[PDB]
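What follows is a model of Transforming growth factor beta-2 carrying bound GC1008.
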Amino acid sequence: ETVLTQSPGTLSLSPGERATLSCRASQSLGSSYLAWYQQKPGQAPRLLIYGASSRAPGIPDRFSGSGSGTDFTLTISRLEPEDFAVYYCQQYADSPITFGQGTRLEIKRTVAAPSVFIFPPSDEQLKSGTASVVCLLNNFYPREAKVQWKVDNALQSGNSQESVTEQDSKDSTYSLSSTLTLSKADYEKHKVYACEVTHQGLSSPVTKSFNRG
Amino acid sequence: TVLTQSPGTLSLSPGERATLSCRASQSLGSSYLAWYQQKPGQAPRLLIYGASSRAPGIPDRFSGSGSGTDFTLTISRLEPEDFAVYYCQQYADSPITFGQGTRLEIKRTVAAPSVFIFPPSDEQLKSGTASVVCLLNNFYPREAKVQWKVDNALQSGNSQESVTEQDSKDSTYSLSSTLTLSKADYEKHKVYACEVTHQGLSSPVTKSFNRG
Amino acid sequence: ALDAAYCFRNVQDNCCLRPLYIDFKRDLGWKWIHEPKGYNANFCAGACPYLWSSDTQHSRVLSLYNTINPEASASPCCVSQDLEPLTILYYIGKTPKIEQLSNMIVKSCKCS
Amino acid sequence: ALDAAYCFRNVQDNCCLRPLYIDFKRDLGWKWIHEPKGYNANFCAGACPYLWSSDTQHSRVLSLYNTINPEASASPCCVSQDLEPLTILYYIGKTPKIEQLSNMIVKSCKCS
Amino acid sequence: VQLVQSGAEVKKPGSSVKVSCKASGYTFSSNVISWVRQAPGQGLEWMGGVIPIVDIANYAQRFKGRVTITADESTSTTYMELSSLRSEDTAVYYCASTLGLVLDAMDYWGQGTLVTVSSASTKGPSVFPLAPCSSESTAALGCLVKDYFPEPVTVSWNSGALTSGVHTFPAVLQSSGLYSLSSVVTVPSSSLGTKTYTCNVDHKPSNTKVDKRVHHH
Amino acid sequence: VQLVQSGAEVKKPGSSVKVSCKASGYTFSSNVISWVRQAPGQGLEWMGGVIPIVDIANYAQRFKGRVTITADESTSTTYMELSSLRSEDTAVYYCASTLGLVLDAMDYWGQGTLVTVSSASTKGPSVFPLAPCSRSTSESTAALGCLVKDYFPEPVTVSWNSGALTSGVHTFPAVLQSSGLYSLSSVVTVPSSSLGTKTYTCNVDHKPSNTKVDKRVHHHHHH
């Protein structure tokens with residue numbers, strides 16, 4: 001089956017710039033048998049270009065495609081912040097239809113430090129025997145951020161899970177939640193719960209803590 | 001079912017009334033008999049249906065009656081156009097059966113025929129056949145007998161007779177009888193005669209010729 | 001199924017089995033027949049819209065063609081599907097005759 | 001027979017085979033066939049007068065009923081008799097595929 | 001209403017004949033057709049009938065076995081077929097519409113169809129004089145129209161100027177399968193030797209026109 | 001024009017799943033409908049397609065023998081049935097209509113259908129509020145949330161104030177916990193002035209376990 005290789009895997013550019021995404025095919029596809037899709041988080045793929053260069057109905061003029069044989073290109077000429085997505089190429093020259101692995105496109109914005117928030121577990125949860133302490137890092141950029149959990153200054157490891165949102169199409173930021181999980185028994189043995197946040201936008205690490213007193 | 005019509009021939013003058021009878025071998029009820037009129041070289045014409053109903057457009061002078069086995073057609077104020085054959089038909093039981101017919105002829109006084117015998121022409125004899133012709137002219141009634149005798153030997157199976165329709169002016173009939181022999185056979189004999197029997201003749205009349 | 005069960009119990013403007021009684025002497029002029037005096041023949045009538053009770057590939061295609069271009073007058077037609085016979089009695093003189101005439105009553109419809 | 005031989009060579013307002021060329025893309029919106037571009041599907045249309053090309057006994061009877069009482073809307077309908085297949089070619093990528101689609105073309109008509 | 005039958009036919013013995021009968025449209029939809037035959041100088045014989053709209057036929061017992069009565073839905077035509085033809089099948093065949101029932105009185109009739117059963121081919125006649133040899137006031141002359149086929153022959157005397165005393169006899173079918181006819185005329189004996197007698201014979205089927213002057217023996 | 005797919009499903013391995021796709025309008029009669037799946041592992045994969053009216057289905061080799069694509073033209077609906085389910089069949093299934101050909105670009109897509117292939121048991125979530133301490137609330141903006149814990153399978157729908165609250169909301173992607181159950185947090189940033197004046201409720205829906213929870217988040221801890 002035809003193999004489509006997309007490059008780069010990831011790309012971050014600033015609004016106003018031009019993006020050049022590449023699709024390289026394992027065999028010739030002619031010139032009318034390649035399509036490009038844009039896929040935003042939690043949505044189905046959106047047809048952008050068909051037949052290597054034709055814009056699909058209603059697609060903005062800043063999207064353009066070119067290529068023949070084995071080398072195809074998608075171009076976004078004047079990046080808008082809403083242009084963040086995963087872009088896939090598709091061939092329909094030979095059965096079966098095959099897709100590329102995707103190219104993630106991040107849209108640069110000015111460095112934004114996160115607003116940090118700490119949440120103690122609810123008494124409703126503690127009744128069940130578990131304590132989830134939640135740390136929220138809100139509206140930051142770039143995506144790289146470090147979170148350390150400290151219980152009475154003792155650094156914690158192997159007891160927390162983080163989750164990151166996809167880049168926000170409107171403000172171009174990320175948000176992160178870190179959840180420290182203890183048993184009620186263990187949670188009760190300690191006093192101060194803190195999360196130390198490290199991020200390029202912070203001059204020095206910020207700590208948000210709560211004391212069970 | 002057998003339908004017996006009577007008389008076979010009914011002789012009347014225009015203005016008279018005709019009474020034709022149909023007698024059935026079994027009951028036909030009262031709605032299963034029809035009467036037809038047939039004129040020479042034409043199709044039968046429905047007159048009466050269901051023993052007594054006049055068919056559409058039929059003159060009032062035609063009327064029927066009867067039930068079971070005895071049926072009657074009555075024709076009043078006879079017109080010359082009514083002198084024809086009349087049949088009765090039953091449709092009470094399959095198959096449909098008809099009567100033998102009743103001829104309606106014009107009545108006149110008995111007329112004896114004028115008989116004539118014609119020897120074959122020499123033109124015909126050249127072809128190898130001899131047709132001897134006997135003509136019975138202007139007679140009444142239609143019933144006449146013709147016997148062919150060749151040297152007193154009575155002939156049968158070798159002759160065909162033909163009768164004309166009743167004459168529109170004098171009310172008579174004419175009959176031709178043709179005896180057919182081969183030239184070979186014709187030459188073997190001397191006397192050719194036709195003996196005619198009719199009501200208007202006191203005794204049979206013979207017209208002959210010898211081959212001299 | 002476009003049968004009595006559906007058609008007679010529901011109002012339909014598209015192809016359906018419609019009720020019809022035929023009186024022999026009155027409606028056809030058949031005076032040869034003794035029994036019955038008439039029968040419930042029924043008929044098929046109504047619109048043939050896209051895919052409605054379509055008989056063959058041709059009717060499927062035309063229901064579609066006629067949806068797009070009604071002007072062509074190429075619509076499928078509302079016609080008989082299942083039929084039933086009708087037993088008659090007639091006389092040949094005094095002789096009674098029992099005859100089965102096939103496909104006299106329409107039981108179900110289709111768009112063809 | 002209500003076939004091309006009779007119908008296309010003669011004028012008829014009664015049930016007859018009518019010519020129709022259906023274009024795949026233009027008429028039906030089928031963009032998947034490579035060959036043909038369309039086909040002589042044909043259709044059946046026209047009046048169904050008394051004893052004109054009747055299919056069943058029911059069609060014969062209703063052609064008569066509808067002569068006597070047109071108001072009842074019980075006329076037989078002009079429909080397909082003989083149907084023929086259409087051979088098409090379509091592509092799955094570079095792979096050609098030949099399909100015989102049955103009952104695509106009407107060759108003759110009947111009053112049903 | 002009119003019933004129109006197919007034309008006269010000549011058929012070889014052992015053959016079969018199909019006689020048609022076209023009706024005035026809607027008298028097929030409601031009527032019953034009967035078939036009746038009439039042999040030369042005979043009465044009427046019912047053969048059978050058919051209900052055209054449903055193609056149901058009924059026959060007289062002496063006719064099943066050689067007869068088939070069929071209806072042609074389309075053409076509004078009824079057909080009657082008689083097979084294994086013999087000389088006794090020479091007749092006029094009529095179709096007729098009945099009053100209503102299968103067995104009923106017949107109101108509308110077709111013109112009739114003559115079916116002549118003969119091995120003969122078309123032959124023109126031989127015209128021979130008929131003259132006596134031997135006192136009397138009236139004499140007879142004639143001509144014998146022999147060995148022709150098929151019927152009819154037209155006979156006039158003196159191109160139609162002679163009508164009084166003329167008797168043209170009906171044709172007879174001879175043992176040979178050919179027809180024969182005699183035409184006679186009675187004249188006053190005084191006319192003989194003064195007046196000319198020609199019998200004018202016309203047989204359109206063989207395109208024969210004969211003028212035969214009649215003499216004496 | 002819109003393609004509407006059936007809801008998410010959980011299926012035991014070796015089982016089979018029938019995913020529906022309803023088309024709005026008179027476009028069913030004219031378009032080839034393709035089926036594409038997307039799993040984090042294997043990515044986007046074309047499964048096969050169906051041509052309507054003529055009802056010709058065509059399948060990708062890797063699926064031929066396990067997939068059936070049918071078109072019910074009466075309901076203007078396409079069905080996809082995948083049998084002998086394995087864990088690798090866990091993905092979002094999409095129906096799409098092509099531009100014209102059997103193999104072509106796809107312009108209209110359905111919302112997608114998540115099919116989870118697991119022997120694990122369905123469990124409804126426990127919804128917990130996330131409220132600050134009232135000590136740290138010393139700013140102009142405050143954060144509230146709720147924690148959607150210990151559910152299986154995915155997905156859960158989270159809204160704030162029945163959808164009337166969208167600005168400031170961040171619903172985090174679910175994480176699979178050490179227990180094999182999912183966990184999710186939904187947060188909202190609000191002006192501190194709002195706390196104690198405005199009512200904040202997070203509405204959680206977990207169709208697989210028939211769970212519908214409405215949780216009132218109070219303006220501060222211990223409630």
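In the text below, chain A, chain B and the rest are named by the order of the sequence lines, each starting its count at 1. For the numbers below, each heavy atom of this structure counts, side chains included, while hydrogens, waters and symmetry mates do not.
The parts of the structure that belong to GC1008 are chains A, B, E and F.
Other chains within heavy-atom reach of GC1008 (chains B and E), distance under 4.5 Å: C, D. Ranked by heavy-atom pairs under 4.5 Å with chain C, the first chain of GC1008 (chains B and E) is chain E.
The deposit lists the origin of chain C as Homo sapiens. Using non-hydrogen atoms closer than 4.5 Å, the residues of chain C in contact with GC1008 (chains B and E) are: C/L28, C/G29, C/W30, C/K31, C/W32, C/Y90, C/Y91, C/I92, C/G93, C/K94, C/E99, C/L101. Residues of antibody GC1008 (chains B and E) with any non-hydrogen atom less than 4.5 Å from chain C: B/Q26, B/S27, B/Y91, B/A92, B/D93, B/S94, E/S29, E/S30, E/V32, E/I51, E/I53, E/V54, E/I56, E/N58, E/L99, E/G100, E/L101, E/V102, E/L103.
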